[PDB]
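Worksheet for the structure shown next.
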Amino acid sequence: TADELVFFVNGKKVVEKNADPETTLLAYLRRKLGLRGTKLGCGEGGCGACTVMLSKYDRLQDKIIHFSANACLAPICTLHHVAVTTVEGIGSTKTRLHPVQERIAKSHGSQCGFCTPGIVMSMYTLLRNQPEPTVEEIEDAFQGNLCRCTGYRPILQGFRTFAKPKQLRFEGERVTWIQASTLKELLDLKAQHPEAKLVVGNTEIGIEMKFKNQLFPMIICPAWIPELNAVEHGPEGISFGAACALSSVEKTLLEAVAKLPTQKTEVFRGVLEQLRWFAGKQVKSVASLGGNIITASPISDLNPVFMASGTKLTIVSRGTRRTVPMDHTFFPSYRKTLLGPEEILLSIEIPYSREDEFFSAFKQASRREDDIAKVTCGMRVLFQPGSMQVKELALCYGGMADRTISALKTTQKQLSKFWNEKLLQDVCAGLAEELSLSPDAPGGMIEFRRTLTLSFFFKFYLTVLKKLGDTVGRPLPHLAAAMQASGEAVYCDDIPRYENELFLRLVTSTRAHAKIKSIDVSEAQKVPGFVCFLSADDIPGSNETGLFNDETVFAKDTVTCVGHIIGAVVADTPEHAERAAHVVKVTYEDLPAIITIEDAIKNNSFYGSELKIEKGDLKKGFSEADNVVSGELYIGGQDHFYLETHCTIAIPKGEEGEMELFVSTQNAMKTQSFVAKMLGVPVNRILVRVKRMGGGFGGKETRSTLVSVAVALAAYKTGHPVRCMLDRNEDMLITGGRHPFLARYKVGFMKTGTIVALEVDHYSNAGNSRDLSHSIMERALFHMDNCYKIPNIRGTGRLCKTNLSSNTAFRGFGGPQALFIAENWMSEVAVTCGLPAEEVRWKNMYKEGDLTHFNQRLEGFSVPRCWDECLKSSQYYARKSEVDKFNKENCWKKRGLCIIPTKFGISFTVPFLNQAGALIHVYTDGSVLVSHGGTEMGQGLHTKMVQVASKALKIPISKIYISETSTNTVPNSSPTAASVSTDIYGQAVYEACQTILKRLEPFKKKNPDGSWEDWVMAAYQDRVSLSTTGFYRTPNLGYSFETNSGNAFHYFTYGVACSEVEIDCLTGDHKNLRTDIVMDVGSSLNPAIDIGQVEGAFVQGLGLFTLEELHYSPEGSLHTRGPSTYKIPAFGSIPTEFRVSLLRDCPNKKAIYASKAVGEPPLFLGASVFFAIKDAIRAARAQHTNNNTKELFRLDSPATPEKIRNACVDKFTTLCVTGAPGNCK
Amino acid sequence: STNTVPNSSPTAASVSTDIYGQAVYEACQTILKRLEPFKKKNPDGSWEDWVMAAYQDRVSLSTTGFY
Amino acid sequence: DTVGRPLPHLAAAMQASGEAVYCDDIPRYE
Ligand SMILES: Cc1cc2nc3c(=O)[nH]c(=O)nc-3n(C[C@H](O)[C@H](O)[C@H](O)COP(=O)(O)OP(=O)(O)OC[C@H]3O[C@@H](n4cnc5c(N)ncnc54)[C@H](O)[C@@H]3O)c2cc1C
Ligand code: XAX
Ligand SMILES: O=C(O)c1ccccc1O
Ligand code: FES
Ligand code: FES
Ligand SMILES: [Ca+2]
């Protein structure tokens, strides 16, 4: 009794007879229509990997329009008579690439490639609306698109070349969906069924259903109704039907602002400001005005502005019609509006501003919670005619309570007062009082939020006043780049499903530390297509897993973090597995939990004892020092945010325990080992294949196996192929991240700035198993010197054992942590001594031939030339002057500049992992297939390996090919890690080539003018084998702690970065203005790959140090589980000027063709933004705080807007502006 | 498979046991040459021991063989 | 050392059970 759903994809008609309202367009494209170019990266609207173009008729506005949307939030039931275009839709390597696809690929804009299709579709959509866009439009187009690899620079450079009706009924398994064609039909429907839920854009509802497990068994979509879509210019303001997209609201209001007089458009420009950095295009194209309003989020950016301005709401039910201005009574409680259950919001009139009426809007440049504690506001003042005397005042704030509120007491007291200093004082006092937060108020950041309520008003108060009075060495693009841009590159979940293939959903601990009392599955057993539930009892081999045999495959008697895997559900579709998992009832008995580093130090909960490197005589160095500074420092962790999350397919053959797996991993050997150990089967039975990863970053070196083992078990149990791909929220919760570090330190120095003694005790938060924590701590200790000679030095480290997901490798592997701790105390030495930072860093540098604190010698120490050249090209000394000039001429905005070096040790710190295998075949057509132990994750290792094989063999690259990595071609491989993959695999590929060349030598002698093909065929026919292994092992490695000698590293990669920032001292926001990097990568095999690596790495570092903040409940539950609450760098995050140079004339005698590892060494240079920011904070504190020029103030990482703001101590932070006593002129 | 062993003659002429027998034997010998130093250090050890030790000493445990 | 021993075909038990995979026994993609 349901109507047929009919739409179009890439021009082809789709007729769906049994359309289920719960089906997203992304699930239908990938799993019904076999178009896998469009990706899942989050499922929540933040990342854009799932972008498509939608095309539909506005009957009203009378035209076919083209917009971008997130496929992951679009229900197919909204798509009746809509046309969809995917990346497959605009071109292909099979036919011919669209110019967009080709350009992103040739410009080096694609590394891993997983983001590239979403991005191609964002750019494609812009070009169909505007065939000649500006650079601003291009940039805005990419707002809702995230990339983890590239640093964005190349995509923008690349694309800059372009610049300058009857009711329908659908019936699902749970949901009945009605598409309403008329207003009348809506009201009747709402009257027959008051509980029925409206859905328009689905960008809120979709999240409630997916993430918060709500189920609305009746949905009415009223998007077709003309009255819900009208735009009407009236004499009071501009009315918008409640279904109007935010993009349409924005279009109209911008048209009104350019046309009408300034004085009429104050409200309008408020709405526009709130809409600026609001999601991206894909969301604004689908999100309705009315949906935002009725959602009534405490952190709605719109509702404070509508409340402040008395925006009119026309509200309707069958019979009833009424218009009210939005005021404080509109939101009576949490997520509620003053509407009756029958009632629906019809339109919204956004008023013109009057004479003597002024408006501002502001929002907090940070969000850390799903729906609370992000400050946002609309402010309105109306004066008596021609005067400065207050007649009306409205200050309405989100994120200061569980609903949008208005500061009524405060504003009331201002009536008839004049707009002056006293007024400012009275309002700030009102505000601090009326909006006061108890110290344990949900959301935290109490100080920062109070200070923002007041600083926002100060901006309004100042604004109102103003209103009155051989290819080696060649820039070869990634070999997969084109197919990555075309959506043709295969990633693990792009592999077709077998007819009998099943799906797995992890079942996860909701408690930090607890006994498992019972597990009940009877409600999961009722989900359609449930196959089975798996737990510890089902394992045929061993439940003992992990790098140090201290983990369970499945939890047994207790759980030890939130996300501790307990079991798994297997079902016939992934939605079925997802549903049935959320319904598995687990009964717990809480145990005492240990969460923070501090919790752990106080309870002595550690893995092992302290590690230590010590050299010199500390109680003596401190004797000789003129100056001794002690302190404590914290650095928060980081999520990998690989655009492709964890994924495994396991295929049980049914013979002799055989299993073939396809997996998103850096470590095929351990995946194989772990799978076999769990199964109780020899390693020779198990085959693991890796084509590519859509990102790794250290996060798929070991923790990939959490999914793999589980999936393989389901494959063993059921005997069907099984697969699982993690959602983003699962991925961030279970798989662990970068290690948070705590440091307590003490430096002894002279008045010159010469260091003479250092001790640092480092503590990492290692989480609920060992994993790579110990080696991570070792690498931290090897780097606590950065580039500096320290005669007397003691570094300890301790691994904190905690009820958190087990943390793991992350690009840098403990290095960034200790290098940051190191740049910190260096910064305090320069300030304390009253000398320029760059003079202090310079004087304390190692020289050629110096020995580290672990006694390794530094030969080819290139930091001096990197430094000298970075100073020169960045015009450092001139710009420094200009920063001082800026800071003397500006009160509430400050600039900051910093230049900082890096040294990063190259090799695995466990000697045995510095080995590598290759396997080379030459077929009788001369075509060569290379296989080696490395995996491709976007860093372009295969491209480099192709380039090396080609040089070595003296044949064009076109004759060489690499397909994939597999455990049956090269066994016992180390993980693709520690930046050495190009060194060690290149060497082994090189040896295999040499072996093949020596074998062809005699056929070469017999026919010196012969082609390669002739020689190969002559050697085949003479029965000379054309297949060989190659092998390499890094010589002279083996550091000893007990003797503190022998080489920990093969060589060191060096670099230097300069960064300039401007902070907003009233809000803690900042802009990255300019960064110059000079990097020593020896002689590069591929300048483009290597510059790509410097850039991507630098921007992952600037994330770590400034933007990325993970946040947990006191009970240890991760709160930031997606792009909405966790902020990785975005297109608009990178420095306006971003220059990277590779040092000329510096070959490396240690590695393949004089090249140097580049993957991880440049990530630390990201910290130049942090220390530039801190430099800006110093000037802000010299401005408003005190007069001590040598003041050491602590600043932890990440320097978010909260920490930057709270550190700009002033009359607001202190509350002196209220008339109180505090600290500040 | 063609990605493990390439350019193979068809399984024919009754010679397979003969020629692949020799090719398997030769590869087995190369392994034993590589494992001999670890045998001599620990004559009372197991197969498993010699293998782990060779791996940890970064000796390749993969080889081709040919006849 | 089994050379010269009448050891049964290694795959013979799976062949008798239906378990030994022949080309058409490989499952089809959807
Ligand atoms: C990635 C992303 C970023 C975002 N960023 C921001 C941001 O920065 N600032 C901000 O304020 N918001 C932000 N949002 C929230 C977003 O603006 C809202 O989700 C959106 O406006 C809701 O409209 P919709 O049409 O999708 O509503 P739906 O999800 O379809 O419905 C939302 C709710 O409104 C009800 N409803 C809808 N229309 C009516 C009607 N006319 N009458 C009565 N009830 C109705 C529905 O029943 C439902 O309860 C963001 C959302 C996403 C996904
Ligand atoms: N685009 C892209 N670039 C990337 C990676 C990625 O996933 N995607 N990851 C890093 C890491 S993190 Mo680690 O030591 O396992 S902590 S080392 C490492 C490095 C591994 O690649 P080689 O340079 O050895 O070939 O690649 C870097 N560059
Ligand atoms: O020393 C390293 O950099 C390292 C990296 C990955 C795994 C183990 C290790 O010792
Ligand atoms: S997957 Fe749709 S926005 Fe991330
Ligand atoms: S290339 Fe953009 S996420 Fe990897
Ligand atoms: Ca750990």
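The sequence lines are taken in order and lettered A, B, and onward as chains. By the PDB entry numbering, chain A shows 2-165, 224-528, 571-1326, in order. Using the PDB entry numbers, chain B covers 1067-1133, in order. The residue numbers of chain C are those assigned by the PDB entry, with the residues present covering 571-600 sequentially. Values reported hereafter were calculated over all heavy atoms of this structure, with side chains retained and with hydrogens, waters and symmetry mates removed. Indexing begins at 1, ligand by ligand and atom by atom, following the structure's order. Partial entry shown, contacts counted within.
Sitting at ligand 3 is the drug salicylic acid.
In the deposited model, most contacts to salicylic acid involve the chain that UniProt calls Xanthine dehydrogenase/oxidase. Other chains near salicylic acid (heavy atoms under 4.0 Å), by letter: A.
This entry records no covalent bond between salicylic acid and any chain. Of all atoms in salicylic acid, numbered sequentially from 1 with element shown, those under 4.0 Å from a heavy atom of A:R880 are 1 (O), 2 (C), 3 (O). Judged by heavy-atom distance, the UniProt Mo-molybdopterin-binding residues in chain A that approach salicylic acid within 4.0 Å amount to A:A1079. Residue-ligand proximity, A:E802 to salicylic acid, at heavy-atom distances under 4.0 Å covers atoms 6 (C), 7 (C).
If you number the atoms of salicylic acid from 1 as listed, the ones under 4.0 Å from a heavy atom of A:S876 come out as 10 (O). Counting heavy atoms under 4.0 Å from salicylic acid, residue A:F1009 touches it through both backbone and side chain.
In chain A, the residues that UniProt lists as binding substrate and that have a heavy atom under 4.0 Å from salicylic acid are these: A:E802, A:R880, A:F914, A:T1010.
For atom 1 (O) of salicylic acid, the candidate residues are A:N1015, A:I877, A:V1011, A:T1010; the nearest heavy-atom contact is made by A:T1010.
The residue in chain A annotated by UniProt as active site that sits nearest to salicylic acid, with heavy-atom distance to 1 Å, is A:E1261, 6 Å. Residues touching salicylic acid within 4.0 Å, heavy atoms only: A:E802, A:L873, A:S876, A:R880, A:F914, A:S1008, A:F1009, A:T1010, A:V1011, A:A1079.
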